[PDB]
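The following structure holds paromomycin.
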Amino acid sequence: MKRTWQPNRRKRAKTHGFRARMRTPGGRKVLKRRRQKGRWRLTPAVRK
Amino acid sequence: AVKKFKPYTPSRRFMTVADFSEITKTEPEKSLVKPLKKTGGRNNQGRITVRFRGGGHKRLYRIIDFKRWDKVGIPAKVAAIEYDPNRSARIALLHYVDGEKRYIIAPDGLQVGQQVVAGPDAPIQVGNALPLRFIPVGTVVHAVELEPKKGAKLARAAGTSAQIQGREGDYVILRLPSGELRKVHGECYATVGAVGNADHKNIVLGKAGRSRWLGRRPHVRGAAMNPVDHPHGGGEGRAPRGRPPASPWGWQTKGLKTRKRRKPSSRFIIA
RNA sequence: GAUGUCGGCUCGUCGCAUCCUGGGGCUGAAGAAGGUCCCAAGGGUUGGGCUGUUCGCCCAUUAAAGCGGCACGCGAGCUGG
RNA sequence: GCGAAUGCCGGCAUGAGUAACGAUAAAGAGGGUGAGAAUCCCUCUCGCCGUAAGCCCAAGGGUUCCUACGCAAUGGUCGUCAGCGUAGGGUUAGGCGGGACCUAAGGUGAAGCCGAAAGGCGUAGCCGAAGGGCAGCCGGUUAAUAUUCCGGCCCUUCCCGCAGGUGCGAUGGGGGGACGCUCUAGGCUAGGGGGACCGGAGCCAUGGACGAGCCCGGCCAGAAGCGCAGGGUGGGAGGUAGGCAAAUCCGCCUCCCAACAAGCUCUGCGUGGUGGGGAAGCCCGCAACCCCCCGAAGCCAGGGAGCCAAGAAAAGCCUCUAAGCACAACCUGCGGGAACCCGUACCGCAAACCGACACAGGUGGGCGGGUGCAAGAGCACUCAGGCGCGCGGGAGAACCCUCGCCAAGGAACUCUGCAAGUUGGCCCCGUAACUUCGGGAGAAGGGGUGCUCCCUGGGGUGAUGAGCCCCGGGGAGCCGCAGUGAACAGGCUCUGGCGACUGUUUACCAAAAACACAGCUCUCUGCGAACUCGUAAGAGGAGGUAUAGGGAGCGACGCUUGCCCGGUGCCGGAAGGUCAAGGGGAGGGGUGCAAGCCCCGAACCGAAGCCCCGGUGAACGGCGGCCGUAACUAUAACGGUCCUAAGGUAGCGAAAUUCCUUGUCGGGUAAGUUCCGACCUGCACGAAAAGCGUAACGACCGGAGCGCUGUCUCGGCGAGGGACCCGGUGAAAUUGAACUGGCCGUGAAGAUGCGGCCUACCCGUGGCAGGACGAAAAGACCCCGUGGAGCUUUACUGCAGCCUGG
RNA sequence: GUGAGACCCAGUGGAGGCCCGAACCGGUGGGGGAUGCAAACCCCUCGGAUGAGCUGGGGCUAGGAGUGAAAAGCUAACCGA
RNA sequence: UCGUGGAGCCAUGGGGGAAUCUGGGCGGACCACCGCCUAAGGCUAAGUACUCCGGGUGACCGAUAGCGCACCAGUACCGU
RNA sequence: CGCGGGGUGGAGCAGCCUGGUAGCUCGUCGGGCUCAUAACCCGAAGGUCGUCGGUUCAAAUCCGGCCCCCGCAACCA
RNA sequence: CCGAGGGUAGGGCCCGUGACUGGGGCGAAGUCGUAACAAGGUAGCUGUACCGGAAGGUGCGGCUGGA
RNA sequence: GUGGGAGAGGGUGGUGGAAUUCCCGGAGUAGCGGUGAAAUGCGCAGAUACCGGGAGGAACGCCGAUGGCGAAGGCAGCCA
Ligand SMILES: NC[C@@H]1O[C@H](O[C@H]2[C@@H](O)[C@H](O[C@@H]3[C@@H](O)[C@H](N)C[C@H](N)[C@H]3O[C@H]3O[C@H](CO)[C@@H](O)[C@H](O)[C@H]3N)O[C@@H]2CO)[C@H](N)[C@@H](O)[C@@H]1O
Ligand SMILES: [Mg+2]
Ligand SMILES: [Mg+2]
Ligand SMILES: [Mg+2]
Ligand SMILES: [Mg+2]
Ligand SMILES: [Mg+2]
Ligand SMILES: [Mg+2]
Ligand SMILES: [Mg+2]
Ligand SMILES: [Mg+2]
Ligand SMILES: [Mg+2]
Ligand SMILES: [Mg+2]
Ligand SMILES: [Mg+2]
Ligand SMILES: [Mg+2]
Ligand SMILES: [Mg+2]
Ligand SMILES: [Mg+2]
Ligand SMILES: [Mg+2]
Ligand SMILES: [Mg+2]
Ligand SMILES: [Mg+2]
Ligand SMILES: [Mg+2]
Ligand SMILES: [Mg+2]
Ligand SMILES: [Mg+2]
Ligand SMILES: [Mg+2]
Ligand SMILES: [Mg+2]
Ligand SMILES: [Mg+2]
Ligand SMILES: [Mg+2]
Ligand SMILES: [Mg+2]
Ligand SMILES: [Mg+2]
Ligand SMILES: [Mg+2]
Ligand SMILES: [Mg+2]
Ligand SMILES: [Mg+2]
Ligand SMILES: [Mg+2]
Ligand SMILES: [Mg+2]
Ligand SMILES: [Mg+2]
Ligand SMILES: [Mg+2]
Ligand SMILES: [Mg+2]
Ligand SMILES: [Mg+2]
Ligand SMILES: [Mg+2]
Ligand SMILES: [Mg+2]
Ligand SMILES: [Mg+2]
Ligand SMILES: [Mg+2]
Ligand SMILES: [Mg+2]
Ligand SMILES: [Mg+2]
Ligand SMILES: [Mg+2]
Ligand SMILES: [Mg+2]
Ligand SMILES: [Mg+2]
Ligand SMILES: [Mg+2]
Ligand SMILES: [Mg+2]
Ligand SMILES: [Mg+2]
Ligand SMILES: [Mg+2]
Ligand SMILES: [Mg+2]
Ligand SMILES: [Mg+2]
Ligand SMILES: [Mg+2]
Ligand SMILES: [Mg+2]
Ligand SMILES: [Mg+2]
Ligand SMILES: [Mg+2]
Ligand SMILES: [Mg+2]
Ligand SMILES: [Mg+2]
Ligand SMILES: [Mg+2]
Ligand SMILES: [Mg+2]
Ligand SMILES: [Mg+2]
Ligand SMILES: [Mg+2]
Ligand SMILES: [Mg+2]
Ligand SMILES: [Mg+2]
Ligand SMILES: [Mg+2]
Ligand SMILES: [Mg+2]
Ligand SMILES: [Mg+2]
Ligand SMILES: [Mg+2]
Ligand SMILES: [Mg+2]
Ligand SMILES: [Mg+2]
Ligand SMILES: [Mg+2]
Ligand SMILES: [Mg+2]
Ligand SMILES: [Mg+2]
Ligand SMILES: [Mg+2]
Ligand SMILES: [Mg+2]
Ligand SMILES: [Mg+2]
Ligand SMILES: [Mg+2]
Ligand SMILES: [Mg+2]
Ligand SMILES: [Mg+2]
Ligand SMILES: [Mg+2]
Ligand SMILES: [Mg+2]
Ligand SMILES: [Mg+2]
Ligand SMILES: [Mg+2]
Ligand SMILES: [Mg+2]
Ligand SMILES: [Mg+2]
Ligand SMILES: [Mg+2]
Ligand SMILES: [Mg+2]
Ligand SMILES: [Mg+2]
Ligand SMILES: [Mg+2]
Ligand SMILES: [Mg+2]
Ligand SMILES: [Mg+2]
Ligand SMILES: [Mg+2]
Ligand SMILES: [Mg+2]
Ligand SMILES: [Mg+2]
Ligand SMILES: [Mg+2]
Ligand SMILES: [Mg+2]
Ligand SMILES: [Mg+2]
Ligand SMILES: [Mg+2]
Ligand SMILES: [Mg+2]
Ligand SMILES: [Mg+2]
Ligand SMILES: [Mg+2]
Ligand SMILES: [Mg+2]
Ligand SMILES: [Mg+2]
Ligand SMILES: [Mg+2]
Ligand SMILES: [Mg+2]
Ligand SMILES: [Mg+2]
Ligand SMILES: [Mg+2]
Ligand SMILES: [Mg+2]
Ligand SMILES: [Mg+2]
Ligand SMILES: [Mg+2]
Ligand SMILES: [Mg+2]
Ligand SMILES: [Mg+2]
Ligand SMILES: [Mg+2]
Ligand SMILES: [Mg+2]
Ligand SMILES: [Mg+2]
Ligand SMILES: [Mg+2]
Ligand SMILES: [Mg+2]
Ligand SMILES: [Mg+2]
Ligand SMILES: [Mg+2]
Ligand SMILES: [Mg+2]
Ligand SMILES: [Mg+2]
Ligand SMILES: [Mg+2]
Ligand SMILES: [Mg+2]
Ligand SMILES: [Mg+2]
Ligand SMILES: [Mg+2]
Ligand SMILES: [Mg+2]
Ligand SMILES: [Mg+2]
Ligand SMILES: [Mg+2]
Ligand SMILES: [Mg+2]
Ligand SMILES: [Mg+2]
Ligand SMILES: [Mg+2]
Ligand SMILES: [Mg+2]
Ligand SMILES: [Mg+2]
Ligand SMILES: [Mg+2]
Ligand SMILES: [Mg+2]
Ligand SMILES: [Mg+2]
Ligand SMILES: [Mg+2]
Ligand SMILES: [Mg+2]
Ligand SMILES: [Mg+2]
Ligand SMILES: [Mg+2]
Ligand SMILES: [Mg+2]
Ligand SMILES: [Mg+2]
Ligand SMILES: [Mg+2]
Ligand SMILES: [Mg+2]
Ligand SMILES: [Mg+2]
Ligand SMILES: [Mg+2]
Ligand SMILES: [Mg+2]
Ligand SMILES: [Mg+2]
Ligand SMILES: [Mg+2]
Ligand SMILES: [Mg+2]
Ligand SMILES: [Mg+2]
Ligand SMILES: [Mg+2]
Ligand SMILES: [Mg+2]
Ligand SMILES: [Mg+2]
Ligand SMILES: [Mg+2]
Ligand SMILES: [Mg+2]
Ligand SMILES: [Mg+2]
Ligand SMILES: [Mg+2]
Ligand SMILES: [Mg+2]
Ligand SMILES: [Mg+2]
Ligand SMILES: [Mg+2]
Ligand SMILES: [Mg+2]
Ligand SMILES: [Mg+2]
Ligand SMILES: [Mg+2]
Ligand SMILES: [Mg+2]
Ligand SMILES: [Mg+2]
Ligand SMILES: [Mg+2]
Ligand SMILES: [Mg+2]
Ligand SMILES: [Mg+2]
Ligand SMILES: [Mg+2]
Ligand SMILES: [Mg+2]
Ligand SMILES: [Mg+2]
Ligand SMILES: [Mg+2]
Ligand SMILES: [Mg+2]
Ligand SMILES: [Mg+2]
Ligand SMILES: [Mg+2]
Ligand SMILES: [Mg+2]
Ligand SMILES: [Mg+2]
Ligand SMILES: [Mg+2]
Ligand SMILES: [Mg+2]
Ligand SMILES: [Mg+2]
Ligand SMILES: [Mg+2]
Ligand SMILES: [Mg+2]
Ligand SMILES: [Mg+2]
Ligand SMILES: [Mg+2]
Ligand SMILES: [Mg+2]
Ligand SMILES: [Mg+2]
Ligand SMILES: [Mg+2]
Ligand SMILES: [Mg+2]
Ligand SMILES: [Mg+2]
Ligand SMILES: [Mg+2]
Ligand SMILES: [Mg+2]
Ligand SMILES: [Mg+2]
Ligand SMILES: [Mg+2]
Ligand SMILES: [Mg+2]
Ligand SMILES: [Mg+2]
Ligand SMILES: [Mg+2]
Ligand SMILES: [Mg+2]
Ligand SMILES: [Mg+2]
Ligand SMILES: [Mg+2]
Ligand SMILES: [Mg+2]
Ligand SMILES: [Mg+2]
Ligand SMILES: [Mg+2]
Ligand SMILES: [Mg+2]
Ligand SMILES: [Mg+2]
Ligand SMILES: [Mg+2]
Ligand SMILES: [Mg+2]
Ligand SMILES: [Mg+2]
Ligand SMILES: [Mg+2]
Ligand SMILES: [Mg+2]
Ligand SMILES: [Mg+2]
Ligand SMILES: [Mg+2]
Ligand SMILES: [Mg+2]
Ligand SMILES: [Mg+2]
Ligand SMILES: [Mg+2]
Ligand SMILES: [Mg+2]
Ligand SMILES: [Mg+2]
Ligand SMILES: [Mg+2]
């Protein structure tokens, strides 16, 4: 039956995007924490 | 009159609708910078702040003239009497001799063809606006202004009206639709006559939907909810409030006066 | 750190303090009947109406339509009223 | 220093060669290939799908695409095969879709407003699309791309030169773009069906047929012009207080003509120079391309009619003038030139997307042929095209699943007709109570239904006439058990309860009598409304204005909705009582030699609140007891008395409410703890937490009947899929170790394991579930813990909010 | 039809939270399934189907908060926080 | 240290509101003496804190330890 | 079974926690007004205080035990 | 073909009986009050409407068959 | 038919003063009101009584009659 994950490229970008993460101070902290832990992908890698 | 229907379906054996003859001679709006895209929306900045609104037929907004001292003395012919989705009252499309067209909340009696004008000089007859000071004590008027130059705000609902009770200083005493007795400045305009389309208070919605077409979604009762949702909610198997009628926010809802006490607005009221 | 709880259905088996059917002594036993006690379960111990009902109370029968134990036998057998 | 912590990590066991191998659409054989093939390739049979199980597009997926090699692993078996491994190819655009266009909700956000900071609103502007706007059709090619390359035909922008035109010219003005739902006319087209006509290789089988036979196919695109359908549209001439007047453009008045039109415009459709395609047939090769009929949901499109709930924006595009500039400049021609960026493979109802899987689940748009059935996208069969579902082979037990049938009976089954049967389409007869006059109605109960031949009426297209189709009407006649001969396809009625009705809900145990609902009543709110969100700014309410908006309860409609303001709440009371700061300072105290400086501090004046006074019930709420009494008895209209704020009215009543209770009569039944009707000592109905009713409605709950049946007496046979056997692959919970029997005792009170006695060769397989206090879940209930949460209030204490004096 | 009406007939017309019934949206009863095909599925059956309808794409509201035709329901497979 | 306490001192949202050395604050209510100090402007090394980084040591670990990673780890994989 | 309330002249009620004092209404009885019955007027009579015993000088009154009438409870299973 | 009659189904009229319930007629001397007839001690009546043990009372309008 | 008369016949619109009630303002003080007598009730929170200003509804005194009009029910301020 109709499952939880229904992939939408634009939605993903607009939601968890780099720019998106940048606007909100909360997001800027995310980018901070991740960059500082060593993640290879700061943001959900998705190509268009 | 109101149109009634045979009972060829329930919810429609009770249903009734308006006598649209009054309108006629025009269904299409006077586009000419008369209607505007009108934004729907039961909430403000996210949260719903008025319950149960939403849905309801698409609607175009007709911009009407609620301050007529613009064209003082410039007379106009009454082009038509159209339908307005945005109100109980019907509007009248009136061409000015000027060439400029405007809309006015159609008073009762007004007819396509008649002439009309606003001003002090203006003759005391249906459709004409003038400062209350220049209106004969006793005459019925609608679309009254509250403070001068601020525009009309009283007696605008279908078939509503205010009557002049007499002057007294720069003010004139009006008995408002509600029945309140307010002193209103003499400079406040007001067009003579009643609001018209008084059969309105009589149309019987009929079915559960239709109340929907009017953009009103279902209103659920307090007791029906739970202790958390409303003060009435709760109690195992049907209950009686539980003392004493209250709103979901908790204020008493039967008889408790609410208007602000120290409001300067008083001093000019009496009813 | 769990022994599924009523009733029913299905499958039974056991006790005798015996409801039939076998013997028997009394009788206020003439006969045909019955009553009461004695021995004896080998085998029997019906179909419906009402109720979740156990139990009952009815209807129509019967030789009789017995009582009670088995975790008020039986939910890794079924049903869930 | 480990033996236990349902300990942690890892490894390997047990169950076990067991369950299972993922839709019961289905397979067989012959050839190949190869080390090896049920499983790969080819062929021939066979079966399944066919509004698809076939095509095309979006999303998402990202090389899965094509070719050559390959088989460890991955495929639930096999594998030579593959969506798998290695390698190499492969995606071509001025016109398709996006961007160098437009705006929607919304987002962002110069100004501007607010906020401890972070940040919140927000104008212009900018961003934002399956919506608007915009120029490509038919074929041909590749292993793999194609409206992308190529062919033919037809367009679009810009730039230059040039000839010929005109007051040219905005981010400004106006027009326009531009819009609903349901129902529809006339033409068309797509699509489809026939043809005695056109073109074709061929075939006469098996009893017959050389046949007006059988079989195949009879189109696509196409500028200008040309027709045929439509859509748009009055022309004039003067004034003008409006278009934040800048206009000869709009808009307004005024007036010659003219109008179910004409002309002018703009589409659609045929037609068209011409290009293109072109089967069945053996050896791998013959071409027409015409005529009727049906005919859209599509086109003409901004067509028409009706209705109430009254149906986006902006740009392009016309037009108008502003500065300006008139050498500019726009406009039309005509040739030359210029024409960027991104996507394009493949999958795409699924083995490539979301579900950990090659998962019987989920996933938006378009096409979706033919015959038959009243119609259809339905059902049955079938084209094209695609599949037989990635373990097989036998056997023919119980038992289970799905399915067919049954003597006689026909609900006796059972909590309950649960389930299954019966009925089923269409045409015609013909239909009751009751009702809100619509309905109840498909009431019920019946008859007809196939094919053959004859006569006969209307229509559409033609042309009036033949063909071709569309509706019919009447006679005779034939065959079967049976004619909607298969598939789709109501069982019916009577009487209660609840809710009026359609509708909503507990995603994943509750679809209901619950919620909602039209409608009734109460109440607040005069607009910078009340109310809601927010510290605020600000916003919703509402570009609304009491015929409106918020809160509450009841819940269509009908007839109605009584008494009690004692307490509680709310509304009203400029008096008084009390009352905080604050004002006021009689009077008193600490110090100084003092002037002083400090402290207390009474009268009295001091809000809201509470007190007090009064109102108020569709506000919270409440709405009695005990004695006696009639000329038989019974009973009590009547009387006494106590208490109250007042003592329950109409109506209903052993009820969705009645404990005693299966109340008592009556009805129905052979029999009725249920049901219906009555009664009324109502444990404990009762009037908007509404009372009593009500036609219609209901996958709601009860009681009866008819029909019909495997529900049952009572079980029997048969079918397919498992189970069983052989080949391949091969799990799981659980598990202290086991060499694991019965009885009567015993024991922590329910023993394979102690005692006694009694049976008992060792080991499996197919079955059944009594025990192993079997498994699974550190019992939900229960209690306990000075454990936790959600909820309530006249529990305590705070805070928001609101009232209030200074 | 009447003084004129009301009104009554046929005909046309095509209304409706109207009826039957596919797509589509559901989820009524039963059976199967229960280490499943599946962490809600399958078969038969059944409700709605021009409306309070269904649905694609783009948007907005959230933790004592949102949303809620009201179940303490839903807020990414267990929500009294 | 100061929880209203006899509660000063230092800050300061509200109200009133001076003086410039005969000025003005403090020495724990308040007075009086005695004594301390000069508010309502600003700057100022060093001693002090930490360890991403380089080095040196260790009655520190030795691949179930030691950082989560001795190895191509904030990776694979899981989750929107 | 378990809680609490109540038995006072003939009827229906006070009195009792603060013991010595039995009150109210109705009815009953005698007398009046009336032709007469009611009504109305005057006057009067009547009370083991349910009980069994105990404390006290003294008990309806306080403390116990019984007989009564009416209510309230009876839940998780 | 018709067809007595039989069968099935659904309507109509009439009669009997029915727990229980409603008034009504009738019966020497039972209970409560006293509406009406004389200002019947509130003039009577009356259509309607509400209400009450009962007669009845009151509203509104009307009548004289009352002043 | 022509010419005239009387009438509260009917229907519509409009309008006049008296009186009641209530609201506001003034002045004023201890009762008012009500009956058979009373009580309830209203009033020192300022009533009754009096003046002024205003809102609203219903009914039309004198004329009026023992009168007139209408088919009946019924019809009465003034105006058209
Ligand atoms: N009278 C017959 C009708 O019914 C009623 O009348 C009935 C009653 O009113 C009447 O009852 C009367 C009573 O009124 C009066 N005050 C007392 C009297 N003793 C009773 O009498 C009654 O009962 C007795 C037995 O007890 C019988 O013998 C006698 O016939 C009978 N009428 O008895 C009548 C029965 O017949 C109506 N009031 C009357 O108008 C009507 O016509
Ligand atoms: Mg997942
Ligand atoms: Mg997208
Ligand atoms: Mg990103
Ligand atoms: Mg990931
Ligand atoms: Mg509601
Ligand atoms: Mg609830
Ligand atoms: Mg919540
Ligand atoms: Mg409350
Ligand atoms: Mg609450
Ligand atoms: Mg209840
Ligand atoms: Mg409550
Ligand atoms: Mg334990
Ligand atoms: Mg255990
Ligand atoms: Mg014996
Ligand atoms: Mg026996
Ligand atoms: Mg039963
Ligand atoms: Mg039974
Ligand atoms: Mg025993
Ligand atoms: Mg037994
Ligand atoms: Mg048992
Ligand atoms: Mg088993
Ligand atoms: Mg149950
Ligand atoms: Mg069940
Ligand atoms: Mg250990
Ligand atoms: Mg382990
Ligand atoms: Mg294992
Ligand atoms: Mg086994
Ligand atoms: Mg096996
Ligand atoms: Mg097997
Ligand atoms: Mg398979
Ligand atoms: Mg070979
Ligand atoms: Mg087929
Ligand atoms: Mg893609
Ligand atoms: Mg690959
Ligand atoms: Mg491939
Ligand atoms: Mg090869
Ligand atoms: Mg393999
Ligand atoms: Mg090979
Ligand atoms: Mg490959
Ligand atoms: Mg392009
Ligand atoms: Mg915008
Ligand atoms: Mg913003
Ligand atoms: Mg912002
Ligand atoms: Mg854009
Ligand atoms: Mg677009
Ligand atoms: Mg559009
Ligand atoms: Mg457009
Ligand atoms: Mg577009
Ligand atoms: Mg394009
Ligand atoms: Mg073309
Ligand atoms: Mg391809
Ligand atoms: Mg120009
Ligand atoms: Mg414009
Ligand atoms: Mg425009
Ligand atoms: Mg348009
Ligand atoms: Mg057509
Ligand atoms: Mg064609
Ligand atoms: Mg053909
Ligand atoms: Mg032919
Ligand atoms: Mg032959
Ligand atoms: Mg064609
Ligand atoms: Mg052509
Ligand atoms: Mg052309
Ligand atoms: Mg034309
Ligand atoms: Mg013109
Ligand atoms: Mg200008
Ligand atoms: Mg002009
Ligand atoms: Mg041609
Ligand atoms: Mg031709
Ligand atoms: Mg046609
Ligand atoms: Mg100029
Ligand atoms: Mg110029
Ligand atoms: Mg570029
Ligand atoms: Mg492609
Ligand atoms: Mg599809
Ligand atoms: Mg699938
Ligand atoms: Mg997946
Ligand atoms: Mg597979
Ligand atoms: Mg779908
Ligand atoms: Mg059909
Ligand atoms: Mg089909
Ligand atoms: Mg079998
Ligand atoms: Mg049979
Ligand atoms: Mg038979
Ligand atoms: Mg039975
Ligand atoms: Mg039985
Ligand atoms: Mg039952
Ligand atoms: Mg059934
Ligand atoms: Mg009937
Ligand atoms: Mg009838
Ligand atoms: Mg019916
Ligand atoms: Mg029926
Ligand atoms: Mg035949
Ligand atoms: Mg059939
Ligand atoms: Mg079916
Ligand atoms: Mg009933
Ligand atoms: Mg319902
Ligand atoms: Mg429904
Ligand atoms: Mg919903
Ligand atoms: Mg649902
Ligand atoms: Mg559920
Ligand atoms: Mg349902
Ligand atoms: Mg369900
Ligand atoms: Mg609900
Ligand atoms: Mg607004
Ligand atoms: Mg409301
Ligand atoms: Mg309201
Ligand atoms: Mg309700
Ligand atoms: Mg109700
Ligand atoms: Mg009534
Ligand atoms: Mg009260
Ligand atoms: Mg009160
Ligand atoms: Mg007040
Ligand atoms: Mg003070
Ligand atoms: Mg002193
Ligand atoms: Mg003081
Ligand atoms: Mg006060
Ligand atoms: Mg009583
Ligand atoms: Mg007696
Ligand atoms: Mg006597
Ligand atoms: Mg007697
Ligand atoms: Mg008695
Ligand atoms: Mg009495
Ligand atoms: Mg009463
Ligand atoms: Mg009863
Ligand atoms: Mg009963
Ligand atoms: Mg009850
Ligand atoms: Mg009972
Ligand atoms: Mg009972
Ligand atoms: Mg009987
Ligand atoms: Mg009986
Ligand atoms: Mg029953
Ligand atoms: Mg029964
Ligand atoms: Mg009954
Ligand atoms: Mg009661
Ligand atoms: Mg009730
Ligand atoms: Mg009431
Ligand atoms: Mg109530
Ligand atoms: Mg009812
Ligand atoms: Mg009834
Ligand atoms: Mg239902
Ligand atoms: Mg029923
Ligand atoms: Mg029966
Ligand atoms: Mg069977
Ligand atoms: Mg095997
Ligand atoms: Mg034992
Ligand atoms: Mg032993
Ligand atoms: Mg041993
Ligand atoms: Mg075995
Ligand atoms: Mg076992
Ligand atoms: Mg266990
Ligand atoms: Mg435990
Ligand atoms: Mg529990
Ligand atoms: Mg404690
Ligand atoms: Mg407290
Ligand atoms: Mg006439
Ligand atoms: Mg008609
Ligand atoms: Mg419908
Ligand atoms: Mg339906
Ligand atoms: Mg349907
Ligand atoms: Mg099941
Ligand atoms: Mg269905
Ligand atoms: Mg979205
Ligand atoms: Mg959306
Ligand atoms: Mg939370
Ligand atoms: Mg969830
Ligand atoms: Mg919590
Ligand atoms: Mg939590
Ligand atoms: Mg100086
Ligand atoms: Mg200081
Ligand atoms: Mg200081
Ligand atoms: Mg100091
Ligand atoms: Mg000191
Ligand atoms: Mg110092
Ligand atoms: Mg420094
Ligand atoms: Mg420094
Ligand atoms: Mg250091
Ligand atoms: Mg070492
Ligand atoms: Mg490690
Ligand atoms: Mg090692
Ligand atoms: Mg490292
Ligand atoms: Mg006594
Ligand atoms: Mg004495
Ligand atoms: Mg006395
Ligand atoms: Mg006496
Ligand atoms: Mg005497
Ligand atoms: Mg015959
Ligand atoms: Mg009868
Ligand atoms: Mg009778
Ligand atoms: Mg009688
Ligand atoms: Mg009688
Ligand atoms: Mg007598
Ligand atoms: Mg009288
Ligand atoms: Mg009478
Ligand atoms: Mg009398
Ligand atoms: Mg009288
Ligand atoms: Mg009187
Ligand atoms: Mg009468
Ligand atoms: Mg009464
Ligand atoms: Mg009565
Ligand atoms: Mg009485
Ligand atoms: Mg009365
Ligand atoms: Mg009367
Ligand atoms: Mg009268
Ligand atoms: Mg009278
Ligand atoms: Mg009269
Ligand atoms: Mg009279
Ligand atoms: Mg008179
Ligand atoms: Mg008048
Ligand atoms: Mg007056
Ligand atoms: Mg009054
Ligand atoms: Mg006064
Ligand atoms: Mg005064
Ligand atoms: Mg007064
Ligand atoms: Mg006369
Ligand atoms: Mg009149």
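Letters A, B, ... mirror the listed sequences (proteins, then strands); counts begin at 1. Contacts here are counted within a displayed part of the entry, not across the full deposit. Ligands are counted one by one from 1 in listed order, and the atoms in each one are counted from 1 as well. We read in the header that X-ray crystallography, 3.3 Å was used to get this structure.
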Where would I look for paromomycin in this thing, copies and all?
ligand 1
Name in the PDB entry of the chain with the most heavy-atom contacts to paromomycin?
16S ribosomal RNA
For paromomycin, which other chains fall inside a heavy-atom cut-off of 4.0 Å?
H
I'd like to know the organism the PDB gives for RNA chain H, please.
Thermus thermophilus
Report all residues and nucleotides of other chains within 4.0 Å of paromomycin (non-hydrogen atoms).
H:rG25, H:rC26, H:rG27, H:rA28, H:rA29, H:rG30, H:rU31
